S.K.: 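Have a look at the structure that comes next, please.
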Amino acid sequence: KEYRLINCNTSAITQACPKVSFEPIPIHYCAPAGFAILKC
Amino acid sequence: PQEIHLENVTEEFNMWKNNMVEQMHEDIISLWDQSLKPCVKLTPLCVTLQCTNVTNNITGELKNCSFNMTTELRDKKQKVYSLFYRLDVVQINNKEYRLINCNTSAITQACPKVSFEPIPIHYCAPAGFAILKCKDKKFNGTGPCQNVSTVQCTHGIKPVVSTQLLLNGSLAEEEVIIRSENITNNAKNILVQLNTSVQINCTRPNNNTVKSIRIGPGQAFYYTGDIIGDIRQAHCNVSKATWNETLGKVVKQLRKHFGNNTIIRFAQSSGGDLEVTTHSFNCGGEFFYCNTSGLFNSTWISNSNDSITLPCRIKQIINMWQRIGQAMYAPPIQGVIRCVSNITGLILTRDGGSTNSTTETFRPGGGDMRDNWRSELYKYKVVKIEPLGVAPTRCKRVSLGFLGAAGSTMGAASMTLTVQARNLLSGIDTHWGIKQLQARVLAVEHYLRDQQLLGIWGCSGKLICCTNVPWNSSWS
Amino acid sequence: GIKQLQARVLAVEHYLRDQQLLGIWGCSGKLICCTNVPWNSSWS
Amino acid sequence: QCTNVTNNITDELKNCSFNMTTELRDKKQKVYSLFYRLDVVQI
Amino acid sequence: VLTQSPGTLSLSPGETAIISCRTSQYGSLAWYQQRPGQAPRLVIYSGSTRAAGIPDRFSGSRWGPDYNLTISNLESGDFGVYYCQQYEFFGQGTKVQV
Amino acid sequence: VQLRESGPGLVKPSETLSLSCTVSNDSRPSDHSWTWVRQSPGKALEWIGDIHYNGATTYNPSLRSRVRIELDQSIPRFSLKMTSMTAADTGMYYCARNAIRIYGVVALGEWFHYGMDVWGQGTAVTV
Amino acid sequence: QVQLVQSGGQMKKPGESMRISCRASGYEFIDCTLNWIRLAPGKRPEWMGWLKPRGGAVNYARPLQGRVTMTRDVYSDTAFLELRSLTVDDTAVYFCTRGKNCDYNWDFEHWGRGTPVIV
Amino acid sequence: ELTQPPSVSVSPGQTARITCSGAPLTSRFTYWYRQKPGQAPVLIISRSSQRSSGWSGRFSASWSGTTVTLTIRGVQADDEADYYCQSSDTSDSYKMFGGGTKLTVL
Ligand SMILES: *[C@@H]1O[C@H](CO)[C@@H](O[C@@H]2O[C@H](CO)[C@@H](O[C@@H]3O[C@H](CO[C@H]4O[C@H](CO[C@H]5O[C@H](CO)[C@@H](O)[C@H](O)[C@@H]5O[C@H]5O[C@H](CO)[C@@H](O)[C@H](O)[C@@H]5O)[C@@H](O)[C@H](O[C@H]5O[C@H](CO)[C@@H](O)[C@H](O)[C@@H]5O)[C@@H]4O)[C@@H](O)[C@H](O[C@H]4O[C@H](CO)[C@@H](O)[C@H](O)[C@@H]4O[C@H]4O[C@H](CO)[C@@H](O)[C@H](O)[C@@H]4O[C@H]4O[C@H](CO)[C@@H](O)[C@H](O)[C@@H]4O)[C@@H]3O)[C@H](O)[C@H]2NC(C)=O)[C@H](O)[C@H]1NC(C)=O
Ligand SMILES: *[C@@H]1O[C@H](CO)[C@@H](O[C@@H]2O[C@H](CO)[C@@H](O[C@@H]3O[C@H](CO[C@H]4O[C@H](CO)[C@@H](O)[C@H](O[C@H]5O[C@H](CO)[C@@H](O)[C@H](O)[C@@H]5O[C@H]5O[C@H](CO)[C@@H](O)[C@H](O)[C@@H]5O)[C@@H]4O)[C@@H](O)[C@H](O)[C@@H]3O)[C@H](O)[C@H]2NC(C)=O)[C@H](O)[C@H]1NC(C)=O
Ligand SMILES: *[C@@H]1O[C@H](CO)[C@@H](O[C@@H]2O[C@H](CO)[C@@H](O[C@@H]3O[C@H](CO)[C@@H](O)[C@H](O[C@H]4O[C@H](CO)[C@@H](O)[C@H](O)[C@@H]4O)[C@@H]3O)[C@H](O)[C@H]2NC(C)=O)[C@H](O)[C@H]1NC(C)=O
Ligand SMILES: *[C@@H]1O[C@H](CO)[C@@H](O[C@@H]2O[C@H](CO)[C@@H](O[C@@H]3O[C@H](CO)[C@@H](O)[C@H](O)[C@@H]3O)[C@H](O)[C@H]2NC(C)=O)[C@H](O)[C@H]1NC(C)=O
Ligand SMILES: *[C@@H]1O[C@H](CO)[C@@H](O[C@@H]2O[C@H](CO)[C@@H](O)[C@H](O)[C@H]2NC(C)=O)[C@H](O)[C@H]1NC(C)=O
Ligand SMILES: *[C@@H]1O[C@H](CO[C@@H]2O[C@@H](C)[C@@H](O)[C@@H](O)[C@@H]2O)[C@@H](O)[C@H](O)[C@H]1NC(C)=O
Ligand SMILES: *[C@@H]1O[C@H](CO)[C@@H](O)[C@H](O)[C@H]1NC(C)=O
Ligand SMILES: *[C@@H]1O[C@H](CO)[C@@H](O)[C@H](O)[C@H]1NC(C)=O
Ligand SMILES: *[C@@H]1O[C@H](CO)[C@@H](O)[C@H](O)[C@H]1NC(C)=O
Ligand SMILES: *[C@@H]1O[C@H](CO)[C@@H](O)[C@H](O)[C@H]1NC(C)=O
Ligand SMILES: *[C@@H]1O[C@H](CO)[C@@H](O)[C@H](O)[C@H]1NC(C)=O
Ligand SMILES: *[C@@H]1O[C@H](CO)[C@@H](O)[C@H](O)[C@H]1NC(C)=O
Ligand SMILES: *[C@@H]1O[C@H](CO)[C@@H](O)[C@H](O)[C@H]1NC(C)=O
Ligand SMILES: *[C@@H]1O[C@H](CO)[C@@H](O)[C@H](O)[C@H]1NC(C)=O
Ligand SMILES: *[C@@H]1O[C@H](CO)[C@@H](O)[C@H](O)[C@H]1NC(C)=O
Ligand SMILES: *[C@@H]1O[C@H](CO)[C@@H](O)[C@H](O)[C@H]1NC(C)=O
Ligand SMILES: *[C@@H]1O[C@H](CO)[C@@H](O)[C@H](O)[C@H]1NC(C)=O
Ligand SMILES: *[C@@H]1O[C@H](CO)[C@@H](O)[C@H](O)[C@H]1NC(C)=O
Ligand SMILES: *[C@@H]1O[C@H](CO)[C@@H](O)[C@H](O)[C@H]1NC(C)=O
Ligand SMILES: *[C@@H]1O[C@H](CO)[C@@H](O)[C@H](O)[C@H]1NC(C)=O
Ligand SMILES: *[C@@H]1O[C@H](CO)[C@@H](O)[C@H](O)[C@H]1NC(C)=O
Ligand SMILES: *[C@@H]1O[C@H](CO)[C@@H](O)[C@H](O)[C@H]1NC(C)=O
């Protein structure tokens, strides 16, 4: 039967680059000058 | 907003060399391109169109055009019917037509949610700079201005796009003002600022039905499906009495500029593209191109609710601020369009070229759009404040009045240093954000250059800093 | 990119507003600035 | 579809004929152009 | 509104040519040199400012409505027709000949 | 909205004919094109000319040189003068309201003729 | 490095129309006013008119209005001058010109090669 | 002028097609009139709306190339009459009127 990809009629589907991996890595958010991050 | 009158400042203004007009032009282009960029590219619309005339069932501005348009799937095409205006469609090869800007330039569709209503924009200087407003009621537009005031920024300037006529914006305070760089130079445009507005009631009476199809993943193309009622044509109205009085005022001022026995003829635009030969303007997002021959159809000899209806053609594919490679498609708006604008000025071009005098003919000239903004920015000059002065003395070591005493003598202008020194840090859409960032960085850079100069002079916080430099009579 | 540079400019502007305000008070170089303003007993 | 440019009678430039798009998506045109041998590879 | 007086002025090479021009309007004037068989070229603009590449022999103007182009030390590249422009009007022209 | 004609019972050969038509109890006679037609008894019907309240007139190009049409804007009456009519030219003359319906702006041409809806009568007056 | 290239060598009979081109080079065509000027021996050079791209605005000399038309193609950097009805008095060399500084277009430093038109 | 047949004949109850043609008929609306002997030539096909002619009626009209057809449904003895077409000139400088076709019901 005839099928289409689920998001072709609503969005532009972008393929992820094969070198890019989706494993999470820690991201540290840092205060800019004049600010502090308080931790509880 | 706090405006500070400069009591005895005489300042030479030149609206034709005003950097605010060039900056405003660049800003309007950048804002147009940024608002238009994240929208449908309409590359699939450059196809061969099978266009027939829109007919009355018994028998031609609009054409009913049939195209093989793409869909969300690339292997499937759909037959689409759409009503395009003759001015958007170029005949190629009987029945085969294509869009006006498909052979040259790319046509980007405006996003359907984007509003084209001009909203007043106040162009504001960074702290450390100021804008001088010329208040001379009859100001020529060039030369010394006697009534000068300073503002951080201008009145609200609507970014109204118009050509032959200037719509909305500022009116003259006492009389029609004829401004030109050189009235004897026929290559310059004449910007007429009226003291009374002429109301122009303009409409697209067609009850257009707007259809929407996909032409690619996420790419929705908006077009006119049909007309529910009679086709008619778009048109603008101005009253005969108000317009004829306006032209009377204009010829009185031109006779002030020319001989008092000169015959002044208004005639239609002798040529050029549609943006020049017609009054091109945005009416609620629709693009009107009004013939305006009926306004500039008169010979003035030196000595009732009946309206002048100007035919207006409508275009959907607009190339405004004509540029190589650019074009926009304006989607149709569901229903009937009506807008009422104030004609606050004119752009006239004198023909000249004759050695038989006593008669001058003035034709509308759309020109560039820098003139439409010049007609609003004519009062304004951008100046950099130089708060660090040096002068001989006998020493051996609110924002009201911000630039006051500028036209006053020294000494009297040395008692106001506290207010001038203050407000030099704070003052009296990617594009706007970057301009805000550039303005703030520049204001900080100049503030710190001046404070650094005071520091290295040993004057870091004195405001009046007496020094140990003897005054050299060779300086003054 | 733009928002980070705007944050840097805001940090600079806040620093300069505090230094300018101290300058208005004659306190720009003192860090602890004793001045001639009586304290109102209503202010805790 | 490339041939040698040749000297008209006998055998670095390849004379390539191809079906290129036009300003209209629906229509194509036959284009004859000269490419350098270093600009093309065989299929 | 723009009248040139000399008409067919005659001078041998090396002599000084004075080309008058009466103006009825205010505005920048320009002088053009047209050689036979060639397009005119600008020699003077803004009254007395020399166009780029023009030898120093070309000069002359006045504050009043009477301009006087001075052409000294005429060479084989001279002896054309000189025109006096003010906006759209160019004047009759003055043939410079030996 | 009724039309009633008037004219002489007899005219001379090669003499000017003068006819009139009265418009009764209408509301906007100034919108319509007031027109006359001529019909030879038993033969084809033809239009001779019309006039609008705005001063515009039209005439059949084969007849124009001998036909003049006028209307009275004060008293709602429609008049026709035809120079040097004879037996070979004459026929029953009818007046009609070639009604005009306005769909847009009349100054822009956005009116269409509705047609001669309301008709009077006529007599083939000659000789 | 501005050089205006005109298409010429055109001869026509009285009553015919002429159409001559001027290709611009060396500068941004769309941003600077071009002028058409008619030169002939024994006559005052007559300005035909200016054409201002980025709109294509025109200014035709008063005695020529109704006969002279100017247009342009900004995508070919080409200006066109057309005279609808030629007479014997139109014999002249037609020049395409540009001002020295586009702020003031009358200082015609840049002239084309010229188009002789014989009528 | 607009050429018409001199006569048409149909049976009662049939649909009658009365035609006319001419060059200016291709661009201007064609109006139709029905004239009885001794009576005024009142309208049968009038123009209403700029983009349709329509008009609920027993009659109806069709435009095709240079020929315009008047289609009369349910023709009865009451429909015997001289039918005429009218149209304006291509520049509306005059009104062109057809010679008429006599419709008899037998
Ligand atoms: C710039 O300046 C311009 C110049 O000043 C200005 O132009 C003006 O523009 C407006 C539109 O914007 C125009 O308005 C139009 O006016 C037309 C005429 O209006 C008059 O007549 C009608 C008809 O009434 C008849 O019947 C009554 C009943 O008794 C009589 O009293 C009347 O006198 C008249 O009878 C005449 O005919 C009889 C026939 O024998 C005679 O016996 C008799 O003597 C008379 O001669 C009235 O209704 C009008 O009054 C009403 O007007 C509006 C509502 O229409 C109200 O405000 C007001 O209170 C009244 O109710 C007036 O007297 C109108 O016909 C026309 O209407 C059409 O268009 C509008 C668009 O807005 C539609 O909404 C509307 O539905 C109409 O469309 C139908 O009709 C048209 C015309 O036939 C068709 O083309 C269309 O397809 C549609 O047909 C449909 O209906 C038909 C029945 O009506 C039916 O047959 C069809 O099958 C179909 O169903 C519109 O209102 C105005 O005229 C312009 N002015 C000029 C001077 O040109 C412009 O606006 C200015 N622009 C700006 C931006 O400022
Ligand atoms: C620059 O300015 C000058 C000076 O103002 C202008 O020239 C002037 O133009 C006016 C406008 O016409 C002249 O005034 C009079 O014009 C009428 C003709 O009127 C025309 O316009 C009306 C608009 O209402 C229109 O009705 C007329 O057309 C009807 O009559 C025609 C008769 O020939 C007919 O062919 C046509 O089809 C139509 O009739 C049809 O419709 C009516 C609807 O009522 C219907 O009843 C009828 O049966 C038909 O169906 C016509 O277009 C003349 O008769 C007067 O004599 C007078 O001329 C000024 O005279 C004129 N002045 C000069 C010096 O020339 C310029 O145009 C202006 N330029 C521009 C570019 O605008
Ligand atoms: C000069 O100034 C005048 C006065 O401001 C201006 O005319 C005004 O234009 C606006 C915008 O076209 C009109 O407001 C519109 O009114 C209609 C009435 O039906 C509304 O439908 C419109 O809504 C649309 O836009 C909205 C945007 O917020 C959308 O949310 C909405 O869905 C619609 O798309 C809109 O409100 C206003 O009515 C007129 N004023 C008058 C008196 O008619 C004129 O356009 C200016 N001149 C120029 C050249 O721009
Ligand atoms: C049109 O442009 C000209 C510049 O080309 C504007 O300035 C005018 O320039 C001329 C010189 O080119 C001035 O001439 C004056 O002449 C008299 C008599 O010789 C002399 O006494 C004066 O000192 C001066 O040199 C002229 O005055 C000057 N115009 C003005 C108004 O000062 C001209 O102003 C421009 N025209 C307009 C209407 O703006
Ligand atoms: C894009 O496609 C999807 C899938 O076709 C549409 O969503 C609905 O999906 C269900 C799946 O069972 C269907 O039964 C519905 O009929 C679909 N609805 C419609 C309106 O087609 C989704 O709506 C489509 N998006 C757009 C913008 O039309
Ligand atoms: C303008 O100034 C008048 C005094 O002018 C001052 O003295 C003369 C001699 C010049 O040096 C001038 O530059 C100085 O400003 C005032 O009387 C007058 O009111 C002022 N006008 C205003 C504020 O509109
Ligand atoms: C559309 O109208 C124009 C008007 O000039 C006419 O020449 C053309 O043949 C018409 N086309 C169709 C398909 O009816
Ligand atoms: C769509 O493509 C088919 C291919 O056979 C062609 O016949 C048809 O005319 C095209 N339709 C349009 C509207 O161009
Ligand atoms: C400046 O303003 C005063 C009123 O404050 C006015 O009298 C004067 O004429 C104005 N000057 C000019 C040049 O308009
Ligand atoms: C306008 O220019 C003239 C030139 O003579 C000058 O006298 C006049 O004062 C100027 N007007 C204004 C309001 O500056
Ligand atoms: C507008 O200017 C004219 C110029 O003639 C003048 O007569 C009129 O009084 C002024 N009107 C208003 C309302 O400002
Ligand atoms: C138009 O002008 C009038 C005065 O003539 C003014 O009161 C009104 O605010 C103006 N309106 C617009 C929309 O510009
Ligand atoms: C225009 O429209 C306004 C309301 O928007 C109305 O009151 C006025 O009478 C109209 N005037 C003209 C000149 O069209
Ligand atoms: C355009 O043609 C299509 C063909 O189906 C038709 O349905 C549509 O109504 C036409 N549009 C107009 C405005 O005549
Ligand atoms: C406009 O005003 C002039 C005044 O000279 C008058 O003669 C003329 O009739 C007026 N024109 C119109 C169209 O009202
Ligand atoms: C405007 O209309 C006039 C006559 O009404 C016409 O000659 C002229 O070409 C039209 N101008 C444009 C730009 O369509
Ligand atoms: C257009 O026509 C539709 C028909 O249903 C109607 O509902 C709508 O209100 C009309 N719109 C206008 C603006 O006249
Ligand atoms: C004053 O200035 C002159 C010229 O600049 C210079 O030669 C001289 O040394 C200076 N005098 C002093 C005392 O510095
Ligand atoms: C202290 O606060 C009171 C509140 O009423 C006020 O009147 C008084 O002036 C204040 N004094 C000082 C020194 O701020
Ligand atoms: C071109 O010439 C070379 C000569 O070595 C030959 O090998 C090659 O096959 C030729 N190619 C074509 C396409 O004729
Ligand atoms: C172009 O397409 C046609 C389709 O029939 C094909 O025969 C032809 O060989 C193609 N041309 C080239 C140069 O690839
Ligand atoms: C094709 O594009 C050129 C500009 O490159 C333009 O002048 C021309 O008019 C366009 N073609 C047609 C048929 O309009």
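Below, chain A is the first sequence line, B the second, and so on; all start at residue 1. A restricted portion of the entry is shown here, and the contact count covers that portion and nothing more. Heavy atoms only: backbone and side chains are in, while hydrogens, waters and symmetry mates are out. Recorded method for this deposit: electron microscopy, 3.1 Å.
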S.K.: Not sure I'm reading this right - what drug is at chains E and G?
M.R.: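 That would be VRC01.
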S.K.: Can you peek at the structure and tell me the main thing VRC01 (chains E and G) is bound to, named as in the PDB entry?
M.R.: Envelope glycoprotein gp160
S.K.: From which other chains does some heavy atom lie less than 4.5 Å from VRC01 (chains E and G)?
M.R.: B
S.K.: Most heavy-atom pairs under 4.5 Å with chain B: which chain of VRC01 (chains E and G)?
M.R.: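 Looks like chain G has the most heavy-atom pairs.
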S.K.: Which residues on chain B come into contact with VRC01 (chains E and G) within 4.5 Å, judged by heavy atoms?
M.R.: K17(B), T104(B), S105(B), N182(B), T184(B), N185(B), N186(B), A187(B), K188(B), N189(B), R265(B), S270(B), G271(B), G272(B), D273(B), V276(B), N319(B), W321(B), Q322(B), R323(B), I324(B), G325(B), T349(B), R350(B), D351(B), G352(B), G353(B), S354(B), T355(B), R363(B), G367(B), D368(B)
S.K.: If the contact cut-off is 4.5 Å between heavy atoms, which residues of VRC01 (chains E and G) engage chain B?
M.R.: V1(E), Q25(E), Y26(E), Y87(E), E88(E), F89(E), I30(G), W47(G), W50(G), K52(G), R54(G), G55(G), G56(G), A57(G), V58(G), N59(G), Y60(G), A61(G), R62(G), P63(G), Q65(G), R72(G), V74(G), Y75(G), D103(G), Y104(G), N105(G), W106(G)
S.K.: Which name has the entry assigned to chain G?
M.R.: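 The name in the entry is VRC01 Fab heavy chain.
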